[PDB]
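Quick look: (11S,12R)-mefloquine on Pannexin-1,RNA-directed RNA polymerase L.
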Amino acid sequence: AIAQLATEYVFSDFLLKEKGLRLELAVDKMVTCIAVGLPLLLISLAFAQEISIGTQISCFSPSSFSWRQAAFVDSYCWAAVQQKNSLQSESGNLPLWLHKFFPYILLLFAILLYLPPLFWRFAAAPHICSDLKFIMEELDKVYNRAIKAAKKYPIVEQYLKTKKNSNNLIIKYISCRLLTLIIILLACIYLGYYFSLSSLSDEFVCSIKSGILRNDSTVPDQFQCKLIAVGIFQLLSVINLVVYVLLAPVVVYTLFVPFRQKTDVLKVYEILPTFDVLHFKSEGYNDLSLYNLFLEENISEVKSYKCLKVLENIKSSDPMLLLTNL
Amino acid sequence: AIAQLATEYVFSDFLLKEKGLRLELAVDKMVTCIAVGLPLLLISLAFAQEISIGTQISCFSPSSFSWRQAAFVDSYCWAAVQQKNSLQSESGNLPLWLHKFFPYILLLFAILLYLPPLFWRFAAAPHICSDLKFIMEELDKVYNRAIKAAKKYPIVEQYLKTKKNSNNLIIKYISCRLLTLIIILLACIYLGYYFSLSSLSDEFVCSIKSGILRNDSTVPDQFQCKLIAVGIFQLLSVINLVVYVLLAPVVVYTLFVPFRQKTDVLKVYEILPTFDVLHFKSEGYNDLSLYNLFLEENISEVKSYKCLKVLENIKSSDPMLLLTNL
Amino acid sequence: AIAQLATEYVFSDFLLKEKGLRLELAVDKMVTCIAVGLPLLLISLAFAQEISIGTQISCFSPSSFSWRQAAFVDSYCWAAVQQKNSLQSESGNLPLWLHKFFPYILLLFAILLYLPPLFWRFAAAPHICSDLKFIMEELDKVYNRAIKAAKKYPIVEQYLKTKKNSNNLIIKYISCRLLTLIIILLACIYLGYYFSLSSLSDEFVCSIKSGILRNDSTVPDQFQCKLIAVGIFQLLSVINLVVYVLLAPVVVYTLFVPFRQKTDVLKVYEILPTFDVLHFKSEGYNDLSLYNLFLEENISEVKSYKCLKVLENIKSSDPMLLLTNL
Amino acid sequence: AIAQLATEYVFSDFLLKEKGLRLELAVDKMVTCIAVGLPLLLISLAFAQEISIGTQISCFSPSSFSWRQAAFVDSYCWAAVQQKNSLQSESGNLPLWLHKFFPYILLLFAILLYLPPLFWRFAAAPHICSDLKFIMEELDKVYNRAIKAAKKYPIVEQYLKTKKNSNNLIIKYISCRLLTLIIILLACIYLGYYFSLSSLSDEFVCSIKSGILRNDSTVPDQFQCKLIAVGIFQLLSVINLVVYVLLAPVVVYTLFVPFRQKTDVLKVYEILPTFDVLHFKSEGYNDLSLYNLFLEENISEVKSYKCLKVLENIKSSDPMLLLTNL
Amino acid sequence: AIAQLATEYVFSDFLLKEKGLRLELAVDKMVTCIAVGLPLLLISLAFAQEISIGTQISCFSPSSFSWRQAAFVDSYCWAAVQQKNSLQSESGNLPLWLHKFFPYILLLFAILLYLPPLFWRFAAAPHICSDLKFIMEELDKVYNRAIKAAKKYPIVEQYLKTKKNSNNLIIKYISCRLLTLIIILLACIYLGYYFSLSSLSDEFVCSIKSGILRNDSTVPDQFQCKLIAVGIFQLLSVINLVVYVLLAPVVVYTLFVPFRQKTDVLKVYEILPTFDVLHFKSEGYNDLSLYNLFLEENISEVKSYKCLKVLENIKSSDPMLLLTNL
Ligand SMILES: O[C@@H](c1cc(C(F)(F)F)nc2c(C(F)(F)F)cccc12)[C@H]1CCCCN1
Ligand SMILES: O[C@@H](c1cc(C(F)(F)F)nc2c(C(F)(F)F)cccc12)[C@H]1CCCCN1
Ligand SMILES: O[C@@H](c1cc(C(F)(F)F)nc2c(C(F)(F)F)cccc12)[C@H]1CCCCN1
Ligand SMILES: O[C@@H](c1cc(C(F)(F)F)nc2c(C(F)(F)F)cccc12)[C@H]1CCCCN1
Ligand SMILES: O[C@@H](c1cc(C(F)(F)F)nc2c(C(F)(F)F)cccc12)[C@H]1CCCCN1
């Protein structure tokens with residue numbers, strides 16, 4: 001059912017569950033889930049039980065034709081939207097090709113939108129995963145040492161600086177998001193072209209006259225056929241186009257990594273006396289700018305950051321309290 | 001539904017899940033999943049609920065024929081694409097054979113593409129599994145001994161050298177990938193031949209005249225039949241051919257084992273004082289070249305390598321810090 | 001769907017999962033899975049949704065006959081391939097019997113191929129299971145004692161010798177594999193005979209004239225019927241015959257137990273000083289020859305064998321290292 | 001599908017899984033699973049998707065009759081195999097009754113074959129369960145005491161003797177197996193009678209003339225009907241009869257409890273010095289003869305029996321080794 | 001399928017699983033499962049895929065009537081077995097009412113048979129549950145104290161006596177079993193009356209003449225209708241009646257609580273020296289008579305009772321052995 005479909009896609013997890021670590025920050029998962037599942041959701045809505053009257057093409061055989069003769073006419077003209085010579089139409093052969101393969105094309109866009117998140121989930125996900133969990137563990141060790149002192153060389157600061165120098169991972173990230181934006185724009189171009197079709201493009205005339213039926217006495221020369229659900233495809237197309245047009249500015253915002261403005265989440269550790277590491281922050285296209293965003297995603301999960309952020313918040317309203325907080 | 005099919009194949013795990021150890025390195029799993037599942041995905045897309053109008057062959061019986069007489073004509077000509085004498089066609093009997101058994105042939109290619117990964121998952125997978133987990137355990141023991149020293153005979157170096165001498169496992173690996181490449185090229189040849197068919201090959205004429213109906217007064221001599229979804233098969237064929245043509249250079253890259261260039265992942269252990277083992281690396285077709293790749297897959301999972309790689313990265317930006325890192 | 005069927009049989013576990021111990025060595029599981037599941041897979045492929053046009057037999061009733069009268073003709077002639085007198089055919093009654101009961105016969109061969117692995121999984125599996133896990137535990141105890149010595153009577157050697165004397169279990173194993181080979185050859189004989197049928201054997205004429213219709217004025221004397229999917233059965237038959245013809249040499253290789261040549265897997269324990277047991281190996285048809293093969297299957301899982309095999313491999317490139325390896 | 005059915009019954013567990021203890025010894029589970037599931041398997045094979053052409057009875061209404069009039073004729077004669085007066089047939093009313101209720105009768109035999117294993121699984125299963133696990137625990141305690149001595153009153157011997165005196169449980173067991181054998185013989189009698197039917201018993205003539213249609217001008221006096229799949233029922237009947245005829249000697253062998261000849265499995269404990277209990281064995285119809293068989297099923301699972309049997313086997317090739325074995 | 005139905009009801013658990021404690025003793029679960037599930041099993045067998053020819057009522061419209069006109073006739077007469085005036089029949093309106101609502105009536109009997117076990121599983125199950133597990137725990141404590149003594153006031157004896165005085169729980173139990181017996185007898189009365197119907201009760205004549213069709217020129221006055229599967233209902237009715245007639249003596253045996261004769265299961269604890277409690281047993285309708293039966297169900301699960309019963313059994317073939325048994 002359509003409601004079972006809605007629970008399957010919109011209200012279920014879908015590509016959201018896949019625990020301690022989150023290697024796909026906010027917006028990414030949101031953008032990927034909407035962009036991938038909305039062609040799937042709208043295809044499945046296109047052919048729901050309630051909305052599909054029946055056979056997609058009907059062709060108006062004469063009354064003299066039998067049941068299976070009309071079945072031949074319908075099935076032949078369904079197959080004969082493909083070849084050029086068999087049919088004539090005012091719009092042309094290309095919009096009928098789009099009408100037949102609308103769900104194929106939208107599923108192709110869904111898979112194409114799934115490709116850059118997948119290439120992220122293999123090529124760059126283990127590196128960000130291992131590096132971020134190591135940084136979380138090291139920061140927990142630093143706070144444990146500070147708490148022990150309250151009751152030599154900071155590895156985290158220099159390991160943060162050497163990734164400030166590197167920019168391979170951000171190049172992978174911006175390549176993923178740029179491919180996603182390009183595919184969204186191409187899907188917008190297709191959906192705008194498809195919805196802008198006259199809606200008489202589904203109307204066409206086909207002749208069942210190839211082969212021996214070219215020189216048969218009693219067959220109609222041509223058969224009026226309509227591709228049913230083309231209007232449903234156009235309605236779902238404008239819906240998909242509207243949602244993708246809303247989604248594309250979010251992706252363009254996602255491209256600008258340094259503008260995202262993490263609100264001094266790493267600066268909270270600078271307040272502690274022992275933790276002299278991680279004072280600075282990125283101001284450009286580097287790996288560290290992306291590490292700051294994945295940190296700002298995953299740092300609330302850290303044991304110590306929440307306590308030290310509470311210590312910072314009460315200041316926002318002497319470090320004796322920190323010893324007391326433990 | 002087509003969307004349920006897409007979630008079943010593209011977005012689900014498929015042949016990806018099957019934890020601590022990964023005995024199928026990157027690209028392999030990617031190439032195997034795409035090459036195996038894309039014939040499955042495109043077959044299931046070929047006969048989706050929306051795209052299938054109904055019966056695959058219709059044959060245009062006369063109006064005088066009843067419903068089940070036309071059913072006989074359709075079913076007989078479906079069966080009679082097989083035998084040579086029963087039908088005549090401009091293209092021939094072979095393309096009609098391909099049209100009837102297109103999903104059989106693509107599933108045969110999917111299983112044939114699944115064979116070399118399966119022969120890897122039995123013949124060579126236990127050996128690489130046991131050897132790699134032993135190497136991981138030994139390297140963890142070496143780092144534990146080094147950390148204990150900081151706070152005689154390295155088995156790993158000589159056990160690495162004796163596999164430098166051996167080349168049975170790489171012969172198995174290159175045999176698997178060569179069989180995969182050969183099957184991909186054969187599938188490309190078939191899909192190029194199938195898509196290059198004129199698309200009037202589906203059109204054919206069959207006579208329901210074998211047996212007693214040879215000398216019956218009132219039956220048509222021949223019946224115009226079209227194999228519906230042959231154009232859908234050709235569209236999915238060019239899609240499969242395009243994806244496999246993209247996939248084949250990746251397999252050819254996968255053949256060249258020593259060119260893969262692990263970026264001194266084993267050299268990180270040379271920096272430690274106690275770990276004097278594993279200084280060198282392969283420069284040819286040996287088992288060690290494949291062990292380096294499986295190592296570079298699985299070494300990020302190792303406890304010690306990540307810490308010692310952080311120690312190497314800060315140098316990239318005295319070993320006192322290592323004692324401090326613990 | 002056919003792709004769901006393929007994931008159910010070829011790509012899923014099937015008779016592969018059913019952990020620490022493997023009481024069905026390599027090839028056995030491979031041969032059993034292919035031989036059992038390929039009739040199942042090809043039957044399910046025979047009647048897939050895409051390939052089945054509809055009713056399996058159609059019979060060309062006259063136009064005067066109604067819908068349910070033609071349904072009677074089809075259903076009667078389906079039932080009347082059984083009895084001899086009701087029909088006449090050029091090939092005979094036996095090939096039509098095979099055409100009706102092709103999936104029954106191939107499923108019978110699948111179950112018959114499943115019988116010897118099942119009789120192995122009950123009659124001989126507990127004995128090999130208990131004996132092999134006891135041998136693994138005893139060898140682990142021997143290596144633990146050797147490691148303790150490095151830092152009286154070997155039970156394993158004499159318990160190995162007394163099974164060298166016995167040959168009941170190998171008789172059970174060779175009986176299982178001989179029954180499997182005989183059933184494979186019988187299936188090859190059937191599939192070769194079935195594929196060699198002319199493919200006009202499906203064509204036959206039946207008379208709906210038994211009982212009161214013997215002396216009815218207006219019924220045709222005989223009705224041209226074709227058994228649809230017989231050509232599909234013949235194509236799947238030659239596929240099954242080709243795969244079984246490939247499989248039979250593997251079973252014949254599996255019969256020769258002593259020729260299998262375990263590569264001194266038990267000899268690795270002879271290198272240790274304390275482990276003076278298990279020096280020799282079989283050179284004939286005994287239980288010990290089969291125990292060597294199940295050992296060579298399961299010995300990589302053993303804790304100590306991998307370490308001592310690494311010690312042997314570095315030698316292949318004084319036992320001081322063993323004390324160091326621990 | 002038929003292959004899904006085969007995986008559901010033959011290749012799945014079925015009545016095999018239902019861990020440490022096995023209260024249904026070998027052959028019993030085998031005989032119960034085959035005898036119960038083979039009527040189920042052959043019924044489900046009788047009405048598979050491929051083998052069922054459609055409606056089971058067709059009756060050849062005149063061409064003047066409409067679609068639903070022929071539907072009435074088919075449905076009425078299906079119902080009117082029951083009453084005697086409505087139909088006439090050469091064979092009689094009883095074989096048509098068997099043809100209509102063949103799957104009911106075979107399922108009745110399946111449930112009747114399931115009754116004695118069920119009455120075993122309630123009436124006698126807890127007693128054999130508790131007694132056998134107590135005997136296993138006591139024998140483990142005896143070997144633990146013997147191992148402690150190596151490094152007064154044996155309860156097991158007298159508790160074994162008092163069950164030598166009793167014979168209630170063996171009476172229950174032989175009653176179960178005798179009921180199973182009697183039901184197998186009755187099923188063999190039915191299947192032999194059913195297969196021996198002429199196969200024109202399915203042919204019969206029925207009159208739709210009860211009630212107001214007795215005195216209606218235009219209806220045929222009688223309608224030629226065939227019960228389709230009766231030949232399929234006869235083929236499956238001879239298959240079931242052959243398998244049950246093979247199964248019945250196994251049940252007759254299962255009746256003779258003392259002849260089963262446990263190979264001195266309890267005598268292995270006599271070799272130990274401390275374990276002076278359980279020297280003798282049954283030579284008649286007693287509870288102890290059945291306890292020996294359930295012991296010989298479950299004693300390989302025991303920790304100590306395997307070690308002491310290894311000690312016995314090396315002798316088969318001074319008890320110093322036992323102290324060493326531990 | 002019918003075989004899937006059989007695995008769902010007969011061979012699966014059904015109302016058998018619902019672990020340490022069993023608050024529904026033997027026979028109860030057996031009687032409840034058979035009595036509840038056999039109407040369910042026979043209803044599901046009544047409308048299996050193989051046995052149902054199609055529409056349950058067919059009515060023999062004239063040939064002039066169209067397809068949907070005959071559909072109206074069938075559907076109207078199905079609805080018009082309800083009202084008295086619309087139809088006339090030799091048997092009457094009541095047996096046609098039973099024929100239409102046979103599965104409703106048998107499901108009503110199944111639910112009515114499920115009511116007394118359900119009222120047991122709420123009203124009396126917690127009390128017997130808590131009391132029996134407390135008695136098991138107290139007896140285990142008594143044996144632990146006796147074993148400690150071997151190496152003041154018995155609460156169990158007086159707590160057993162005060163429930164000897166009470167009879168509320170046995171009144172609930174006998175009310176449950178009496179309601180079950182009464183419902184079984186009522187179902188037997190119904191099934192005997194239903195099977196004793198002439199089997200021409202399914203034959204009836206209905207007039208589609210209410211409303212505007214009372215004064216329409218061309219409709220038949222009355223239509224011969226048969227309710228198909230009424231004979232199947234009668235066969236399943238005699239099967240259900242036979243099984244319930246067998247079941248009713250078991251329920252009548254279950255009513256006599258004190259006659260059930262627990263074989264001195266509580267007397268085994270009297271043999272121990274410390275356990276001076278629970279010497280006597282019931283000889284009438286009391287709560288203690290039911291507690292003895294639930295004890296004899298659940299006492300084999302007790303740790304100590306099995307050991308002390310082994311001590312009693314060897315006597316059946318000085319208490320020094322008990323100290324030795326521990
Ligand atoms: O909730 C899921 C969802 C799916 C889809 C669609 F269609 F992609 F599957 N569409 C949605 C729409 C929309 F407006 F687009 F319809 C609005 C809101 C949520 C939608 C998503 C969103 C991100 C987090 C959870 N998975
Ligand atoms: O995601 C799965 C996938 C399957 C398939 C197909 F069809 F093989 F099943 N096709 C895919 C395409 C394609 F472009 F080919 F359509 C593009 C991207 C992913 C595809 C794969 C890939 C590897 C890791 C996870 N399993
Ligand atoms: O992978 C499974 C498989 C099944 C089948 C079939 F058909 F038996 F089910 N056929 C297969 C073919 C074949 F060429 F025969 F088609 C080729 C490769 C694998 C096949 C098997 C094999 C052994 C280990 C895992 N189970
Ligand atoms: O494997 C299962 C099986 C079921 C059936 C049937 F039909 F009873 F379900 N038939 C079988 C046949 C037969 F020859 F009879 F077909 C041969 C071999 C195994 C069969 C059984 C057997 C006992 C252990 C596992 N459950
Ligand atoms: O096994 C289950 C079963 C159900 C049914 C029915 F029909 F109630 F569901 N009928 C049965 C018949 C009968 F003869 F009655 F058919 C005979 C034997 C067992 C039957 C029951 C029995 C009690 C323990 C397990 N649940």
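Below, read A as the first sequence line, B as the second, and so on, with proteins coming before strands; counting in each chain starts at 1. Whatever order the structure lists them in is the order used to number ligands and atoms, beginning at 1. Computed from heavy atoms alone, side chains included, the values below leave out hydrogens, waters and symmetry copies. Heads up: this isn't the whole entry, just a piece of it, and contacts are only counted within that piece. So this one's electron microscopy, 2.6 Å, going by the header.
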* Neighbouring chains of (11S,12R)-mefloquine (ligand 2) at under 4.0 Å, heavy atoms only ->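 Heavy-atom contacts under 4.0 Å involve A, B.
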* **Site of (11S,12R)-mefloquine (ligand 2): non-hydrogen cut-off 4.0 Å** =>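 Heavy-atom contacts: A:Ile111, A:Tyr114, A:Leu115, A:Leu118, A:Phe122, B:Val10, B:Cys33, B:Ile34, B:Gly37, B:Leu38, B:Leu41, B:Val243.
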* Asked: Going by the atom numbers of (11S,12R)-mefloquine (ligand 2), which of them fall below 4.0 Å from some non-hydrogen atom of A:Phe122?
  -> 24 (C)
* B:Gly37 heavy atoms, cut-off 4.0 Å: which (11S,12R)-mefloquine (ligand 2) atoms fall inside? ->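 Numbered from 1, (11S,12R)-mefloquine (ligand 2) contributes 6 (C), 7 (F), 8 (F), 9 (F).
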* Which atoms of (11S,12R)-mefloquine (ligand 2) have any heavy atom of B:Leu41 under 4.0 Å away? ->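 Reading through (11S,12R)-mefloquine (ligand 2) atom by atom, the close ones are 6 (C), 7 (F), 9 (F).
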* To do: Tell me which transmembrane segments of chain B, by UniProt numbering from the N terminus, have non-hydrogen atoms under 4.0 Å from (11S,12R)-mefloquine (ligand 2).
  =>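 Going by heavy atoms, the UniProt transmembrane segments near (11S,12R)-mefloquine (ligand 2) are 1, 4.
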* Asked: Near B:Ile34, which atoms of (11S,12R)-mefloquine (ligand 2) are under 4.0 Å from a heavy atom of that residue?
  -> 8 (F), 22 (C)
* Decide whether an N or O pair under 3.5 Å exists between B:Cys33 and (11S,12R)-mefloquine (ligand 2). =>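 Checking (11S,12R)-mefloquine (ligand 2) against B:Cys33, no N or O pair falls under 3.5 Å apart.
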